[PDB]
Colleague: 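I'd like to talk through a structure of fluorouracil bound to Uridine phosphorylase.
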Amino acid sequence: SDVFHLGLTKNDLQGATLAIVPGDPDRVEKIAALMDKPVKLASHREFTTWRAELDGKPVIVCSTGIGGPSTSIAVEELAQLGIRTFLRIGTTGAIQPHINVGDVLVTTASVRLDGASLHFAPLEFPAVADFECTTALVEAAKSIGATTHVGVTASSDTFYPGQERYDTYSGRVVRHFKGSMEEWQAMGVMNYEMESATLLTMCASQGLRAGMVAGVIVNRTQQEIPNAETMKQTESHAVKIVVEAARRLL
Amino acid sequence: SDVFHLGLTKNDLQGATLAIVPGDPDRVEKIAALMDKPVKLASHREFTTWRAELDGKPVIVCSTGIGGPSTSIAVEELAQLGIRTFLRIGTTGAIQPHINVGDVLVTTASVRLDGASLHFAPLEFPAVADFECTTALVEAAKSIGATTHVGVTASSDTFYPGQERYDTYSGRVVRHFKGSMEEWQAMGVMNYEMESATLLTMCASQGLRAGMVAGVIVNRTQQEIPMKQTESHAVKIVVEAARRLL
Amino acid sequence: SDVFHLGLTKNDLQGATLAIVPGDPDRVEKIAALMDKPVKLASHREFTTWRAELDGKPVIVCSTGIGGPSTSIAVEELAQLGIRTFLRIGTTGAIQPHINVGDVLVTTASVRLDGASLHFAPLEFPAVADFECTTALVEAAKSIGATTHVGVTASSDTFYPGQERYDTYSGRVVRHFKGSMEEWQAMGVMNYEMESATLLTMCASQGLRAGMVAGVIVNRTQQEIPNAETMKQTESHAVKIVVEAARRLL
Amino acid sequence: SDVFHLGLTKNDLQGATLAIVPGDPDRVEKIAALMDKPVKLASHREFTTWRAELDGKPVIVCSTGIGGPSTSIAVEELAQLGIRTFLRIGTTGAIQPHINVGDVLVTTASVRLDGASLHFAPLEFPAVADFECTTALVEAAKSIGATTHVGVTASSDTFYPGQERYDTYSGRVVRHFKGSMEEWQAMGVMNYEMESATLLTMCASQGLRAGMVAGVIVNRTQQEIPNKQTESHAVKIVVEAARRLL
Amino acid sequence: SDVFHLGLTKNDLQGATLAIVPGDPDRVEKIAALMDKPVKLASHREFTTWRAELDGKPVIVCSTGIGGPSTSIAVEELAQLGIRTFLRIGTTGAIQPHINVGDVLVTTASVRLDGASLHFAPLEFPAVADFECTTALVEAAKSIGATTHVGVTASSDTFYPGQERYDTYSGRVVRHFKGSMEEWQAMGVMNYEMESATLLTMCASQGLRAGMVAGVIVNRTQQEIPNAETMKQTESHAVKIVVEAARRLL
Amino acid sequence: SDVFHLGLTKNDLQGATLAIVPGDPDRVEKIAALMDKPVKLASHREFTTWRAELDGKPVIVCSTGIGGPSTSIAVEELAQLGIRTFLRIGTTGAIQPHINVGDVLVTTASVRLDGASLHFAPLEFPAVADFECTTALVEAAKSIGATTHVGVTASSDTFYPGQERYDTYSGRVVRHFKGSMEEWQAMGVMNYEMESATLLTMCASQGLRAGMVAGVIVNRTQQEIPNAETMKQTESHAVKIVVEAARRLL
Ligand SMILES: O=P(O)(O)O[C@H]1O[C@H](CO)[C@@H](O)[C@H]1O
Ligand SMILES: O=P(O)(O)O[C@H]1O[C@H](CO)[C@@H](O)[C@H]1O
Ligand SMILES: O=P(O)(O)O[C@H]1O[C@H](CO)[C@@H](O)[C@H]1O
Ligand SMILES: O=P(O)(O)O[C@H]1O[C@H](CO)[C@@H](O)[C@H]1O
Ligand SMILES: O=P(O)(O)O[C@H]1O[C@H](CO)[C@@H](O)[C@H]1O
Ligand SMILES: O=c1[nH]cc(F)c(=O)[nH]1
Ligand SMILES: O=c1[nH]cc(F)c(=O)[nH]1
Ligand SMILES: O=c1[nH]cc(F)c(=O)[nH]1
Ligand SMILES: O=c1[nH]cc(F)c(=O)[nH]1
Ligand SMILES: O=c1[nH]cc(F)c(=O)[nH]1
Ligand SMILES: [K+]
Ligand SMILES: [K+]
Ligand SMILES: [K+]
């Protein structure tokens, strides 16, 4: 291994400069499966890496796990190995009433409710996605059919209190986040997830290209916790779109 | 008049929903003169407004003056009048050595070195431009063949200390902004200007579309204080972008 | 031209060291007319500069525009040309029920709800007026018999949300400023305006003298948008005070 | 499944109230095997959970993953299922010259260089460990004869910039963290790791007991470098401490 | 005299490395008298210093006054004189319904609602007690059979608004501290006092050992102001404990 | 006693609405003795209270102790008892080269390097002195011939790291305050002391009048620790001025 965590050498990448980066290690194989010559490279902790081939060019799929910290490790080490473009494919909860479960969201920029982004740039720096990556995701979504929404996303270091969930061990939310969901809602924010603030800030401040798309598995104006019955369908929908977007970015 | 500062009514807009917003009130006539049936509506303080027509649809050009505060007045009061799309056209000084005088900068999002943005959303909220607006500015720049950089802009409430200029009365820069140009340079920030953090934040947080394009008049890796076929180029672009957004 | 925005030279000033700084460019001519030999020097963007004479000594009257940012440009560039004393004359919205339209308010120090002041001193530094300038403004007011209040002012980068106005496009106010008017009120803050925190802070932190006076055109305990027909007898009452204070400061 | 991420029922736990929480899911089975009747319960993402038995009583072993975010999910969902004591076990790298490889660090409290802790309490709230848990860990380490340090740990949301590592892609560290390691060293901070600020804050602010213990495998200040013995040393200590807290 | 505020020389200490540091200067003689060979060393301002002997070893008792600022002076200057272990014994207000007046509260760490702690470490640093000092306090309390609680303490730069007292001249609390007692209560915070955040932060940030014990004189779940007649005996309970803990740390 | 800490009743004050508030309890008798009919009222902790008479009116002299916290207690409890005007008299280290030992400094406003002021108003609020108290202190200084400076004061919760002293047990200053003295000095700040940020902030946000004056006992461009062999010459100069200012404010 050339890096401390991922268990990868520059040779393993075979000249790849683009990585699809899902949160879930089990999703890595599914994403590689839509491409050619899918091959497992390594798996340590929450970091599972495959390589595949897209229009004859080598591409990396590598899981981040949940959160900015492990995301920050995966992105840094991939970048040491030569990755310059990063596409997160995730799952998300919508907070707007018109955004349905199954919809696909493309994040232009993120509300930074994380700590890791601050380790790369002060809060005033925008967690903004790369224009070409964002353009690639929107055009990709259009071409495969999805009902898509394009906008700002709130990116939180927690699943529970930072996304104002109250059905929890304690039933309470710290003052800073009490009433917060309603305010992001009034501000047109589309959804919550957990990694994009870190990804987007660390790439935009180090000359790396990054994009972000997620599939809606729950609407927070209905429920706190996602239903299981439609999660899998939504996941494959977003995965199809990220793979197609990668294709226009080679 | 239906608004406190601009001196305009809903009627005066004639159904306009898009406004091009330069900083200099003296630039407003020049921009409107590129469009059809240009007409001065009003000027009070730093806010000079003209109406024109672009492809037979009414369009507003209205100056913001320098800074987030006057900008925030103009955007709010235009929004009360029916404006939903704001395209800023500016001048700017680049901080990256590969960016030449002449060049055009389309801003995707801004470093919020301002105060007014915080009156709409806390610092964590991104001062991000609307995607259709940015797309339309990039495509308009490609249409007239300007060399274009797309990225992040540092938006400062001062011309001097916030942009780390030392050639001043006091000659010093407060600790917070000491070494700051260097940091933004290494983070790939393209340029300094003074209104986009306010504009983009207030619009992104209230359902209004905004975009920013500027022409480069100086590179800070040479000089501190600022071939004018370039302000011309940027005005041509913002107009062409407005056409695609109507 | 010796400076980048104002369009002025050191010679234009004729050795002036005091400038009266209104916000509105269309007020500059009016203030210069209470003085001797008023002449227009320059007019660029929102910066109209005239020069007049007071007890035989040259004096600048120069508009700042709305906001700390354009105010910071005017004060700095005037300071490069030799101005050491700055007297702001403004209009303002009072937030105390005992302060009436027509009253004159002299500002001892300002609540820093602006961005530009931070570019000169950290938040903890007091946006405090120079003691001599305040003295001269208070004594000028007393000498023309104006009903005067002396205290703290809240200085906001916005006209609308930062002064907790709700009669707006969005109808709402960000968490940080919700309930804020009532807090400032209970703390004895006299009024809202938009430039004093920047002026006073940048002056007090750089060896320059500054003072602030303003006429009350509305009272926010009954109205948001000022009445149209009390912005004439008030504007001129406050202008006379700042011209008379200028005399006592030369 | 009673909880969304971990894939566990209350019944899976069999009345367990104590969880040993390593970071690496691949270490869960090993720590479980050191006790009686080890049984796998689930595995999803980075959360691998085994149940085991310690002096006749049911005990949980569950990985958090790297970082406060995933840690906060594991802890919350385990708490819903009835866990009231969490003992963090890991390996780490010291930043003091007097701390040697093979030594054990018990953490009284952490410097909060993370984001998740703030979601449970404002920054002024101390990321302190529970006194009973900390005592059990110290007594456990003494009883097997480890060379031990008891003190403050800095808990970072990054492995790289937050621990002032410069051997990176960019090779630079953001202003805020520049000079930070030297400050923490002068302040007596023993080490860096990435989960304890979130674990200790969220537990101490919700009436749950938490402690942490770690083996030192590496030292930043030291040269030359060594090198499994230290991993199994700290694990024996956490297991013996769990024993005292049942 | 070797230090500017306390009026002491190293020689006055006679090799002492441990000080008991109460808040009130009138309490110092009381604490010294429980030990052997009690001798007054000095008294300037709020700093009264006595020396005594404990199991044959010299020991300092020195008052801090109220507040982190003067606490930081006494601790810094006693440290220059060779003190390495500080044990604060104080009075305190419980905010939990199970805690009684007369009870002994041992602080593991404090919520830093103070200013002086920041002058030694940024806010993210834990105001945590030394493990040996805390251990000695707990065991000392157990040995005399005092009813004791161990946990987190809120340490406020004020007695009134920072501890959310409304029975005051103004009768109001700044928004930052409105509803704050309730949040600390829900977070399991035992109590309020005024010096521990400063003491514990400066000591832990400089390699000095510190411990914090205090007697409860009021419960804030029922009333703001402590009663008169029962304060004298609560004092005697935590004073026995802080002296006994001192014995275990020599 | 009507108040918890100070040990005073309303009747002890005899209608007094003005208090002079030194930091040092031992200085209270000194100050009262310049006036008529001085009598000790009470002494508890660092709060020593005397009452005297100035041109026929009763006046209070009451020590604050060192620091914002105890200062906040004395001002609150005196305000409950009817005090509306507070004049602090203190000692101070000058940080400008032209300001000498023996000089008198009148503070117009303070840099808030304290914690207690935040418990009354957020940081943006200016710790500004009252205009009448300041005017009276400056004119009082003029009438007795003292060499006087009027300006901003840095008000710190510590004597040592917060005023950037390095001659200490640890020998380091925390990142936040490293180089800070040179920056306050460049910003025109005259001096360091420890109570005025709290006093002035808490009074200006509650409708109480406060003034601040101090004698310079050390110059920091030369020396960290004040030299005792020039301190009692300078203390009695400033005491004279505050008593004369109080006369003008009755
Ligand atoms: O499904 P993934 O990609 O993990 O995406 C999202 O969901 C996780 C939480 O359930 C977080 O990782 C979040 O950002
Ligand atoms: O030419 P405009 O649009 O004013 O743009 C830019 O230049 C001004 C300063 O010279 C600032 O207002 C800045 O943003
Ligand atoms: O009338 P001037 O002096 O601009 O003063 C005030 O009014 C303006 C808003 O109408 C702001 O500029 C405010 O501070
Ligand atoms: O009685 P002491 O030891 O001072 O302790 C406590 O009470 C004082 C206020 O009543 C503060 O000093 C507080 O911390
Ligand atoms: O001499 P006094 O009034 O205490 O004033 C000053 O000096 C003390 C420190 O020596 C602090 O109290 C400071 O502000
Ligand atoms: O972080 C999240 N991931 C997935 C979700 F459905 C959600 O609501 N939040
Ligand atoms: O804010 C700025 N505007 C215009 C410029 F040329 C510059 O450098 N900075
Ligand atoms: O900034 C302001 N200027 C003038 C006003 F009347 C007001 O309310 N606010
Ligand atoms: O600081 C405090 N000391 C003593 C008390 F009783 C209290 O409530 N607060
Ligand atoms: O707070 C202070 N008091 C007195 C001094 F001489 C000094 O420097 N600082
Ligand atoms: K302006
Ligand atoms: K993780
Ligand atoms: K004190």
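Convention: sequence-line order gives letters A, B, ...; per-chain numbering from 1. Counting convention: from 1, in listed order, for ligands and their atoms alike. Note: hydrogens, waters and symmetry copies are ignored here, and every other heavy atom, side chains too, is used.
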Colleague: Locate fluorouracil in the structure and include all copies.
Modeller: ligands 6, 7, 8, 9 and 10
Colleague: Other chains with a heavy atom closer than 4.0 Å to fluorouracil (ligand 7): which ones?
Modeller: B
Colleague: Quick one: which fluorouracil (ligand 7) atoms are inside 4.0 Å of a heavy atom on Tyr192(B)?
Modeller: 1 (O), 2 (C), 9 (N)
Colleague: Have a look at fluorouracil (ligand 7) and work out which part of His5(C), if any, has a heavy atom under 4.0 Å from it: side chain, backbone, both or neither.
Modeller: neither
Colleague: Would you check whether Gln163(B) has a nitrogen or oxygen atom less than 3.5 angstrom from a nitrogen or oxygen atom of fluorouracil (ligand 7)?
Modeller: yes
Colleague: For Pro226(B), take its heavy atoms, then give the atoms of fluorouracil (ligand 7) lying under 4.0 Å from any of them.
Modeller: 6 (F)
Colleague: How far is atom 7 (C) of fluorouracil (ligand 7) from its nearest protein heavy atom, and which residue and atom name does that atom have?
Modeller: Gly93(B) N, 3.5 Å
Colleague: Using a 4.0 Å cutoff against the non-hydrogen atoms of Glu193(B), which atoms of fluorouracil (ligand 7) qualify?
Modeller: 1 (O)
Colleague: Under 4.0 Å from a heavy atom of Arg165(B): which atoms of fluorouracil (ligand 7) are those, numbered in the order shown and with their elements?
Modeller: 7 (C), 8 (O)
Colleague: Can you list the atoms of fluorouracil (ligand 7) that are under 4.0 Å from a heavy atom of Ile217(B)?
Modeller: 6 (F)
Colleague: Which of the atoms of fluorouracil (ligand 7) are close to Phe159(B), meaning less than 4.0 Å from one of its heavy atoms?
Modeller: 1 (O), 2 (C), 3 (N), 7 (C), 9 (N)
Colleague: Any N/O of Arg220(B) closer than 3.5 Å to an N/O of fluorouracil (ligand 7)?
Modeller: no
Colleague: Considering the heavy atoms of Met194(B), write down every atom of fluorouracil (ligand 7) situated less than 4.0 Å from one of them.
Modeller: 1 (O)
Colleague: Around atom 4 (C) of fluorouracil (ligand 7), find the nearest protein heavy atom and jot down its residue, atom name and distance.
Modeller: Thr92(B) CA, 3.8 Å
Colleague: What neighbouring ligands or ions lie under 4.0 Å from fluorouracil (ligand 7)?
Modeller: ligand 2 (1-O-phosphono-alpha-D-ribofuranose)
Colleague: What are the neighbouring residues of fluorouracil (ligand 7) within 4.0 Å, counting only heavy atoms?
Modeller: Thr92(B), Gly93(B), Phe159(B), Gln163(B), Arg165(B), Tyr192(B), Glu193(B), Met194(B), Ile217(B), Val218(B), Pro226(B)
Colleague: Please tabulate protein-ligand N/O pairs under 3.5 Å for fluorouracil (ligand 7), atom names and distances to 0.1 Å.
Modeller:
| unit_1 | atom_1 | unit_2 | atom_2 | d |
| --- | --- | --- | --- | --- |
| fluorouracil (ligand 7) | 1 (O) | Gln163(B) | NE2 | 2.8 |
| fluorouracil (ligand 7) | 8 (O) | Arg165(B) | NH2 | 2.9 |
| fluorouracil (ligand 7) | 9 (N) | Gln163(B) | OE1 | 3.0 |

